[PDB]
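A deposited model with milvexian.
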Amino acid sequence: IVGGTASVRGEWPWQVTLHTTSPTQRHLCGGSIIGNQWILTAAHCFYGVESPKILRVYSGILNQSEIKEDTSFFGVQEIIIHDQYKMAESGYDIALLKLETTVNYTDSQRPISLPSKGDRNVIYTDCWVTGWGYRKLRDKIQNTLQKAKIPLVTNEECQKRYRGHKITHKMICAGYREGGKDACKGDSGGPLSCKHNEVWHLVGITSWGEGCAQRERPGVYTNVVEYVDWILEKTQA
Ligand SMILES: C[C@@H]1CCC[C@H](n2cnc(-c3cc(Cl)ccc3-n3cc(Cl)nn3)cc2=O)c2cc(ccn2)-c2c(cnn2C(F)F)NC1=O
Ligand SMILES: *[C@@H]1O[C@H](CO)[C@@H](O)[C@H](O)[C@H]1NC(C)=O
C-alpha cells in the first residue's frame with residue numbers, strides 16, 4: 001500500500017495473508033474471509049501455483065513476523081478460478097479458496113459481507129484498501145498490515161485513463177486523481193472494503209493498475225457485486 005498507515009490488531013478481521021510454501025514459504029497475495037470455509041481472492045494469484053497443497057491461509061495476523069512454525073493456519077482443499085479468466089486486465093479476476101476446515105469466528109477472524117445486489121450502483125464513500133504490499137514500485141513486503149482510504153472513480157473516468165484496456169462494468173476503479181495512495185506489489189487479492197450503514201462490504205478485489213499511486217492512474221479492482229451469483233454457486237457446490 002502506497003501512502004498508507006499501520007493497522008491495529010483486530011481492525012481488518014476478514015483480511016488474510018495467503019502464503020505459498022514452494023519452493024520456500026512466502027506471502028503471495030491478500031484475500032478475504034467470506035464464509036465458514038471460504039476465502040475470496042484474485043485469480044491471477046495462482047499463475048505459478050502447482051497445487052492447493054502448497055497454500056496456507058493465515059488469518060488473525062497483523063504482522064508477517066507473527067508467522068512461525070507453530071502459527072495456526074488454514075489449509076486449502078480446492079482453488080476455484082473463474083472459468084472466463086485469462087489475465088487481470090481482461091477481467092474475471094476472481095477466485096475462491098475452499099479451506100480444509102471451517103473457520104471459528106472471533107474478533108480477529110470473521111467474514112466480510114458481500115455487497116448487497118440492491119446496492120449494485122451505490123457510490124460508496126468510506127472505502128479502504130489493505131495489505132502487506134510495497135509502499136513504492138521498488139520496495140519490500142511490509143511487516144504490519146497497512147491501510148489507505150481511497151475514493152471510488154467512475155468507470156467513465158477510469159476508462160479515460162486506460163485507453164489500452166477495457167474497463168468493464170465488472171471492474172471498479174479507485175484512487176486519487178492527484179495520486180499518492182493505492183495498492184502496490186503484494187496487495188493483490190486483498191479487499192477493497194467499504195463501510196456502508198455500519199456494515200463492511202467487500203466491494204472490490206485488488207487486481208491491477210499502471211504503476212503504483214500515479215496521478216490519473218487509479219487502481220482497478222474486481223467489482224464483487226457483479227459476481228455474487230457466481231460466488232453463491234461455487235460456495236454451495
Ligand atoms: C503472483 C502474485 C501476484 C502478482 C500480481 C501482484 N500485483 C499486481 N498489481 C497490483 C496493483 C493493483 C492495483 Cl489496484 C494497482 C496497482 C497495482 N500495481 C501496479 C504495479 Cl507495477 N504494482 N502493483 C498489485 C499486486 O499485488 C504482484 C505481487 C508481487 C509482485 C508483483 N506484482 C509479489 C507477490 C509476492 N511477493 N511479491 C512482491 F514482489 F511484491 N505475489 C505475486 O507475484
Ligand atoms: C471450533 O470450535 C469448536 C468448539 O470449541 C472446536 O471443537 C473445534 O475444534 C474448532 N474448530 C476449528 C476449525 O477451529
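This chain uses plain numbering: 1 for the first residue, then up along the sequence. Per the header of the entry, the method used was X-ray crystallography, 0.9 Å. Atoms within each ligand, like the ligands themselves, are counted from 1 in listed order. No hydrogens, no waters, no symmetry mates; every other heavy atom, side chains included, goes into these values.
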What is the full set of ligands or chains that belong to milvexian?
ligand 1
Which chain forms the largest contact interface with milvexian (ligand 1) when counted as heavy-atom pairs under 4.5 Å, and how does the PDB entry name it?
Coagulation factor XIa light chain
Looking at this entry, which organism is chain A from?
Homo sapiens
Using a plain distance cutoff, I'd like to know if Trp208 has any nitrogen or oxygen under 3.5 Å from a nitrogen or oxygen of milvexian (ligand 1).
no
Geometric N/O contact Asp187 with milvexian (ligand 1), under 3.5 angstrom:
yes
Using a 3.5 Å cut-off on N or O atoms only, is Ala183 in polar contact with milvexian (ligand 1)?
no
Please indicate whether any nitrogen or oxygen in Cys212 is less than 3.5 Å from any nitrogen or oxygen in milvexian (ligand 1).
no
Map the residues of chain A touching milvexian (ligand 1) onto UniProt domains and name the domain holding most of them.
Peptidase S1
Test your reading of the structure: does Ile141 have an N or O sitting under 3.5 Å from an N or O of milvexian (ligand 1)?
no
